[PDB]
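Structure showing trimetrexate engaged by pteridine reductase.
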Amino acid sequence: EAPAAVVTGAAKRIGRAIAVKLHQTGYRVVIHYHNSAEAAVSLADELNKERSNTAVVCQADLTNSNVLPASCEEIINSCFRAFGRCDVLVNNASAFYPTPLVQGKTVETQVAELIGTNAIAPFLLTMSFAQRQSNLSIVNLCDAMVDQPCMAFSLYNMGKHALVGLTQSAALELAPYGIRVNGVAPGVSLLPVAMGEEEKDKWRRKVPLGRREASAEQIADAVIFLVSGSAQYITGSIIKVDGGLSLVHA
Amino acid sequence: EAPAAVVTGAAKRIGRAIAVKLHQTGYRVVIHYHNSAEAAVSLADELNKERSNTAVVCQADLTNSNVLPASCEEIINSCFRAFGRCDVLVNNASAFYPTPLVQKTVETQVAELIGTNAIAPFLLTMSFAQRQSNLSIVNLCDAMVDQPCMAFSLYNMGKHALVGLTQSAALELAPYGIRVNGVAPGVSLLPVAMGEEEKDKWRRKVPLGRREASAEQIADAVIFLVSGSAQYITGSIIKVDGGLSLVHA
Amino acid sequence: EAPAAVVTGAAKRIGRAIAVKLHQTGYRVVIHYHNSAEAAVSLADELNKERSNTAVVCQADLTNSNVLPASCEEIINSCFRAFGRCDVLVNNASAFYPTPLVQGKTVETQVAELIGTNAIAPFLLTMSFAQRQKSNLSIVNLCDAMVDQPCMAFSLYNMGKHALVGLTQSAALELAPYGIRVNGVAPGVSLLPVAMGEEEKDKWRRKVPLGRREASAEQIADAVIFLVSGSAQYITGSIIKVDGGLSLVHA
Amino acid sequence: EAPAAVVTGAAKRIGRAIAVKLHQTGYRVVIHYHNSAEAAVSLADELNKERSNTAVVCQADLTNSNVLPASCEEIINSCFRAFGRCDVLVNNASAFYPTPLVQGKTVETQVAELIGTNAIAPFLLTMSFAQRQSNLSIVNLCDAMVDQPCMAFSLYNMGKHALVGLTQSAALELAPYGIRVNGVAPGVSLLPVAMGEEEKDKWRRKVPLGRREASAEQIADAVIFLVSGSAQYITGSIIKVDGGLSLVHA
Ligand SMILES: NC(=O)c1ccc[n+]([C@@H]2O[C@H](COP(=O)([O-])OP(=O)(O)OC[C@H]3O[C@@H](n4cnc5c(N)ncnc54)[C@H](OP(=O)(O)O)[C@@H]3O)[C@@H](O)[C@H]2O)c1
Ligand SMILES: NC(=O)c1ccc[n+]([C@@H]2O[C@H](COP(=O)([O-])OP(=O)(O)OC[C@H]3O[C@@H](n4cnc5c(N)ncnc54)[C@H](OP(=O)(O)O)[C@@H]3O)[C@@H](O)[C@H]2O)c1
Ligand SMILES: NC(=O)c1ccc[n+]([C@@H]2O[C@H](COP(=O)([O-])OP(=O)(O)OC[C@H]3O[C@@H](n4cnc5c(N)ncnc54)[C@H](OP(=O)(O)O)[C@@H]3O)[C@@H](O)[C@H]2O)c1
Ligand SMILES: NC(=O)c1ccc[n+]([C@@H]2O[C@H](COP(=O)([O-])OP(=O)(O)OC[C@H]3O[C@@H](n4cnc5c(N)ncnc54)[C@H](OP(=O)(O)O)[C@@H]3O)[C@@H](O)[C@H]2O)c1
Ligand SMILES: COc1cc(NCc2ccc3[nH+]c(N)nc(N)c3c2C)cc(OC)c1OC
Ligand SMILES: COc1cc(NCc2ccc3[nH+]c(N)nc(N)c3c2C)cc(OC)c1OC
Ligand SMILES: COc1cc(NCc2ccc3[nH+]c(N)nc(N)c3c2C)cc(OC)c1OC
Ligand SMILES: COc1cc(NCc2ccc3[nH+]c(N)nc(N)c3c2C)cc(OC)c1OC
């Protein structure tokens, strides 16, 4: 029987690359998405064309709220419903936007989105994954630049730091169950659709190893390593995949 | 005119020692409290007996909610109302209890643990900066964030987030001359709520004297960071842990 | 045409497992050794039985001295003489013993051995490796997951391993324009000494959250193989803990 | 009655400022120096004019060699010879220059100077200080930029990383003797005339807090705190005094 994985925010970009590589490795996949329904369905269609009945989509908002625990439980339930097991959880979904300290969304909403997606949803997903339970593991998508953060991104940075804390705490606590918990920390990988080429190039020029951003596949490669049998003693580790960006002084 | 400081969770224990030392150093102080009204007022009475009209109290729940931003704005406003200025913010108040991953609702635990340790510090930081000399913020962190207590994930998440706030706010508020630093205790003032067996077990782990920190020793590092002797220091977290975090399993 | 790797301290234990896995992956290997000649040669003979002319040995003391730079240049040169190329360097060789700060080796010898093997030799080997490269080139340094929670009375050892982290970062930064990646693997508790009492071994094993056991040499080698692979080609300046969670455990 | 301190590389710049502040605080001081004999003797004269018999100079090369242990023992011995006690050791002396990995000093000399001054001499001085033994402590001058080093400074950076390791290891091991071991990590401070004006200006503009370097006195202020009674539970801590420099991404 093939193992099964949940990847959050998997419709596009890094999440899609992770889902694709897991699928190529032989996993059945739950493609979680929030707004990108067409892209999620397009991906699931492609994966099911390769191997029938090996991909499903699952919609959920991962903003913090009193129903978030139930939503996260349902994402894990959806993997069991489709595939009868859940071996791997990848916490990839993430809100990212500035929240300046000095001056449409209310600050309450910004907290709920930035802390919810980057930290609280991963925590609740981790609880539900563990409660339901071989090579079991969780991979959290972190950020290599958390100690040298983008200016005016405090709430986002708080969220990613909290995710490091979760990775460590959950690795410690879930080790007796044989559930490994690790992270992959990109530097600059895919730049946003909205960003102009000149701004993209400004970031690219900072990277020592090739003056280019990580491909989505390069990020996925590290995730696949951590979920593999080649990482079976690794827990509580966060692997930077940043081309040396974090080593470069101001 | 004397500078003024807000200390959250200042009625007891480390917060109280911080408020006392700031006041002894010459600050006027806002003593924030949640449940400990009697102790907050007793502290204010003590400090005001030393110097009239130099200590006030301010009540607020720092749990995350729809009203937390307003509560935090009002804590900062209370300092400006009482004293006409706010030079120092100490983010000390903190919920701390286990939240096991496998088996209050969990969402209430998120609100309390992440609210007190991270979101309230952020909102207080925003309000402090917006309302603006030796201005600074000190966040009470945790020397054991990378070797956390078992089954304290949400607490540990909150303290990690507070490290991130310390760094992000240091970076962003530096142009305004506002420094942002942290003090990271190991074990300090182990409470009655711990058993004597657990208390001795922790104390014996501490390389420097096999004892916990006093609240005053924690306060000493806060006083340094707000002082003129720290005017180039921002984004720094000082462990006050007697070497505890250096000790392997 | 097959790539080539130098592994220092490759006769036994973790270095041996790394050399074996690299060879299984398709590398030709230089098996460096200091005192363990019989084991280095037995490994080479095993690997050459698998594929002829794919393993050589190279003897050197990696203690710090005025001749260390020449010794390290010669190790790298040996790979070029054997195989015509040198694609991977693994800095594994390491002295490890206590050096108490307070009350038969002299302290200058302990400095030389502990700082030489763990830090200075890796630096000189890195220099020589890079100079010959003035494709998937990379260096892997064997670090230590417990450098911030060190064994009592191991100051010089711990200094050496911290220095090795600094080399990893500095060399990653500087060698990036040459396409040479520089990374680390940081064991927690892996192979214990055979002569250590099982009761003492078990004291260490019981500390490890993930399985209450030490890492095998092969599990350490798995992380090295990942870092030198095509699946790690954007990774430089990273140190992967392979510690079963040990470093997360408070006192 | 008055406690005594050894400060290495104390003739000039940051070491001088540390020696002056310790002296103003009530310490008797050993002013160690290597080449700066005239400055060392002038400083001792200044401090002795303020309080007689409270300062001496001590010359030593702190380059690694087989005689370095004897030299370090002699520096501590010089404190006992002059003052009858040695309460504080400040490891400040430091060689700093590039050592590129790819191509008048030989590489062995570069290793000896950079690793000796920044790491091995601090270790040997720490040994001798501890063996010869209240508020006893050691302060190591570290570097806030150890994880974002200057390009082509590998040996220097290795030395400073080793000094972090010593700070931790010695804090752990010397705690039972009541000796605290801490560090102060500058970013940019008191940029020297020898540095080109253009390079000085470039580094100053990187610093978030005031777009300026630290004065020597600001560095010394952190050393004074760590040796004081207000730091009596602090050991194994390294305090950045960097104006936020280390927080700034490339
Ligand atoms: N790209 C980089 O340079 C970079 C750098 C450092 C770290 N990372 C990390 O790597 C991961 C992948 O990066 P990325 O650039 O591919 O991410 P991204 O495009 O910014 O976001 C990934 C997905 O997150 C989902 N998401 C956002 N808000 C959500 C919410 N409220 N509820 C549920 N899902 C939500 C979105 O799903 P829908 O589209 O379905 O709405 C989105 O497609 C993230 O964790 C990111 O922080 C990336
Ligand atoms: N003690 C230690 O060993 C230790 C170790 C590591 C870190 N620290 C950090 O050092 C700081 C001080 O420690 P401590 O032991 O003195 O703290 P504490 O006694 O656990 O808590 C301090 C105060 O926090 C306030 N607080 C708790 N929940 C709150 C809420 N929902 N809203 C508003 N205020 C709330 C309480 O105020 P009221 O009493 O008025 O309700 C309480 O008196 C904390 O940030 C702690 O995390 C302490
Ligand atoms: N084992 C663990 O639990 C553990 C934990 C943390 C980190 N590590 C790291 O992982 C690596 C491998 O560990 P290990 O236990 O396999 O190492 P090890 O057995 O202690 O030593 C490996 C080899 O180092 C060589 N070596 C020692 N001194 C030398 C010198 N002066 N010159 C040249 N070579 C010298 C020896 O080669 P010869 O036998 O030929 O003389 C020895 O076989 C080391 O870097 C170690 O620090 C291991
Ligand atoms: N300045 C900064 O921006 C900065 C930044 C980061 C870290 N730091 C650290 O802060 C400390 C003070 O910095 P600084 O700029 O004042 O240092 P510095 O001027 O570069 O050097 C301090 C003293 O080190 C002594 N020294 C050099 N080589 C020696 C040797 N072989 N043997 C004995 N002593 C030797 C010299 O003494 P003589 O003159 O008597 O020969 C020199 O005056 C150093 O540890 C430095 O690494 C400084
Ligand atoms: C510094 O400013 C910016 C930087 C970047 N960098 C690339 C980028 C893209 C998507 C991302 N998405 C998430 N989930 N998290 C990130 N960390 C992230 C990053 C790092 C993207 C921006 O646009 C969204 C931006 O704002 C203009
Ligand atoms: C592991 O279990 C426990 C550990 C401790 N340790 C001391 C202690 C006390 C108060 C604290 N209060 C806050 N805000 N944060 C902390 N970090 C903290 C700590 C660290 C105290 C306990 O009782 C309060 C306890 O539960 C029985
Ligand atoms: C703390 O005491 C000890 C601990 C260990 N632990 C396992 C072990 C074995 C070989 C090692 N070899 C090197 N190169 N570096 C290490 N880090 C290392 C370690 C970590 C091995 C000991 O004996 C060699 C020992 O001494 C009794
Ligand atoms: C990257 O190039 C350079 C950088 C700097 N930076 C300031 C500076 C000055 C003295 C220093 N001295 C020591 N002991 N350690 C340092 N860390 C140090 C630094 C950090 C100074 C230079 O000239 C003195 C220089 O060379 C041109």
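Chain A is the first sequence line, chain B the second, and so forth, proteins listed ahead of strands; every chain is numbered from 1. All values below come from the heavy atoms of this structure, side chains included, with hydrogens, waters and symmetry mates left out. Each ligand, and each atom within it, is numbered from 1 in the order the structure gives.
The full list of places where trimetrexate can be found here is ligands 5, 6, 7 and 8. For trimetrexate (ligand 5), the other chains with a heavy atom below 4.0 Å are labelled A.
Heavy atoms within 4.0 Å of trimetrexate (ligand 5) belong to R13(A), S94(A), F96(A), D143(A), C150(A), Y156(A), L190(A), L191(A), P192(A), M195(A), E199(A), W203(A). Atoms of trimetrexate (ligand 5) found under 4.0 Å from any heavy atom of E199(A), numbered from 1 in the order shown, are 27 (C). Annotation for trimetrexate (ligand 5): atoms under 4.0 Å from non-hydrogen atoms of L190(A) are 9 (C). Those atoms of trimetrexate (ligand 5) that come under 4.0 Å of a heavy atom in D143(A), given as number and element, are 17 (N). The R13(A) neighbourhood of trimetrexate (ligand 5) comprises atoms 9 (C), 10 (C), with distances under 4.0 Å to a heavy atom of that residue. Protein heavy atom in closest approach to atom 23 (O) of trimetrexate (ligand 5): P192(A) CG, 3.1 Å.
Atoms of trimetrexate (ligand 5) lying under 4.0 Å from any heavy atom of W203(A), numbered from 1 in the order shown and given with element: 1 (C). Nearest to atom 6 (N) of trimetrexate (ligand 5) among the protein's heavy atoms is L191(A) CD1, 4.0 Å. Of the protein's non-hydrogen atoms, the one nearest atom 19 (C) of trimetrexate (ligand 5) is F96(A) CE2, 3.6 Å.
Of the protein's non-hydrogen atoms, the one nearest atom 26 (O) of trimetrexate (ligand 5) is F153(A) CZ, 4.3 Å.
The contact set between trimetrexate (ligand 5) and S94(A), taken as ligand atoms under 4.0 Å from a residue heavy atom, comprises 13 (C), 14 (N).
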Kindly print each trimetrexate (ligand 5) N/O atom paired with any protein N/O atom under 3.5 angstrom away, one pair per line, or none if nothing qualifies.
{"residue": "trimetrexate (ligand 5)", "atom": "14 (N)", "partner": "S94(A)", "partner atom": "O", "Å": "3.2"}
{"residue": "trimetrexate (ligand 5)", "atom": "14 (N)", "partner": "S94(A)", "partner atom": "OG", "Å": "2.9"}
{"residue": "trimetrexate (ligand 5)", "atom": "17 (N)", "partner": "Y156(A)", "partner atom": "OH", "Å": "2.8"}

